[PDB]
Amino acid sequence: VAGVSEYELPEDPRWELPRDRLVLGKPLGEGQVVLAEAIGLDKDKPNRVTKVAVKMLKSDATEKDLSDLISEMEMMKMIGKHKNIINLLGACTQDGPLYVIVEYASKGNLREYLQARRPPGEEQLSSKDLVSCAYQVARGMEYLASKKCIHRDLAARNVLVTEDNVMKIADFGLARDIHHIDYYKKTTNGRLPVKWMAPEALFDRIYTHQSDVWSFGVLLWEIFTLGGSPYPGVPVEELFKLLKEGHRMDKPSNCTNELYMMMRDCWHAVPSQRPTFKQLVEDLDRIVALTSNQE
Ligand SMILES: CN1CCN(c2ccc3[nH]c(-c4c(N)c5c(F)cccc5[nH]c4=O)nc3c2)CC1
Ligand SMILES: [Cl-]
Ligand SMILES: [Cl-]
Ligand SMILES: [Cl-]
């Protein structure tokens, strides 16, 4: 019935915020995700406005779309909070369309953030900064892994950056039918998501923490190329042939042998032999400390 659900959503007082406390703003992504101001999110501080992102359905959406948004909200409740993931902040579920209120990242996704900061052909990033960005993403993933969550689409596009340059993993709670994914469908930027997938996920559709580590390897490569496009110009069929032959991307120019070996370890052909996010956090912590910020 238009945008009204055939079913009705159960109340959850742990998370419910009155609709009139949410001042809706401009679109951020599509859909749909919109910037809003939330008044009195914290019940201790009722006079404060907090900038938040709000997920909601488009007028087109079906009961299945609603079901998927409810599922993401419920998984976010279960997973709990961490500094390096996008956290659930509240919901409006009653007497109107479902709003899922989550953290706002004012500097947008990591791919654009990195690209905007390439030297001109915007302040440049030091080696330490790039390695700290990798560190934070690995910490977010270590948390998610510890909570038994497999992301399935880890990539710079799904990492968001806050006003204080905190990296936050986004979209870890999405319901996806991996049988139905279009290998030829592209991101809005025109790149192919198959280029982040482990061979076992790609060929046999087996998704594991180990396949997420493969994706993290590609993400590391994205970071040290300042937002480079993996396997540029390569179509799906040729990607499959490259992976069956054991091809691996070349070492980026602005990158140490140790970090490249980390990337290659993430792309181990045998999944059991890849490092764990726990180990990656440990190795990256040591490297951050030993890497120069120039000065
Ligand atoms: C100066 N500035 C440049 C970066 N600018 C920007 C652009 C797009 C942006 N998207 C989000 C965002 C999400 N797309 C998002 C999601 F898809 C799921 C869950 C939470 C989310 N939180 C967000 O904050 N922030 C953005 C900032 C706008 C202004
Ligand atoms: Cl509906
Ligand atoms: Cl918590
Ligand atoms: Cl991308």
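Here the PDB entry sets the residue numbers for chain A, with the shown residues being 457-486, 490-580, 592-765 in order. The deposited model was determined using X-ray crystallography, 2.0 Å. All heavy atoms count here, side chains included; hydrogens, waters and symmetry mates do not. In each ligand, atom 1 is the first atom listed, and ligand 1 is the first ligand listed.
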>> Okay, my shortlist is etravirine, cefotaxime, dovitinib, aripiprazole, brequinar. Which one is at ligand 1?
In response: dovitinib
> What would UniProt call the macromolecule that lies against dovitinib (ligand 1) with the most contacts here?
Replying inline: Fibroblast growth factor receptor 1
>> Curious here: most residues of chain A touching dovitinib (ligand 1), which UniProt domain are they in?
In response: Protein kinase
>> Regarding atom 9 (C) of dovitinib (ligand 1): of the candidates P483, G567, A512, which has the closest heavy atom?
In response: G567
>> Check contact between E562 and dovitinib (ligand 1), using heavy atoms of the residue and a distance below 4.0 angstrom.
In response: yes
> Which residue and non-hydrogen atom of the protein lie closest to atom 25 (N) of dovitinib (ligand 1), and at what distance in Å?
Replying inline: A564 O, 2.7 Å
> In the protein, what heavy atom is nearest to atom 17 (F) of dovitinib (ligand 1), and what distance, to one decimal place, separates them?
Replying inline: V492 CG2, 3.9 Å
> Would you say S565 contacts dovitinib (ligand 1), with heavy atoms under 4.0 Å as the rule?
Replying inline: yes
>> List dovitinib (ligand 1) atoms under 4.0 Å from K566, heavy atoms only on the residue side.
In response: 4 (C)
>> Hey, quick one: what organism does the entry say chain A comes from?
In response: Homo sapiens
>> Tell me the nearest of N568, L547, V561, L484 to atom 20 (C) of dovitinib (ligand 1), using heavy-atom distances.
In response: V561
>> How far is atom 13 (C) of dovitinib (ligand 1) from the closest protein heavy atom, and which atom is that?
In response: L630 CD1, 3.7 Å
>> What residues end up in the site of dovitinib (ligand 1) at 4.0 Å, going by heavy-atom distances?
In response: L484, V492, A512, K514, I545, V561, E562, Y563, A564, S565, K566, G567, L630, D641
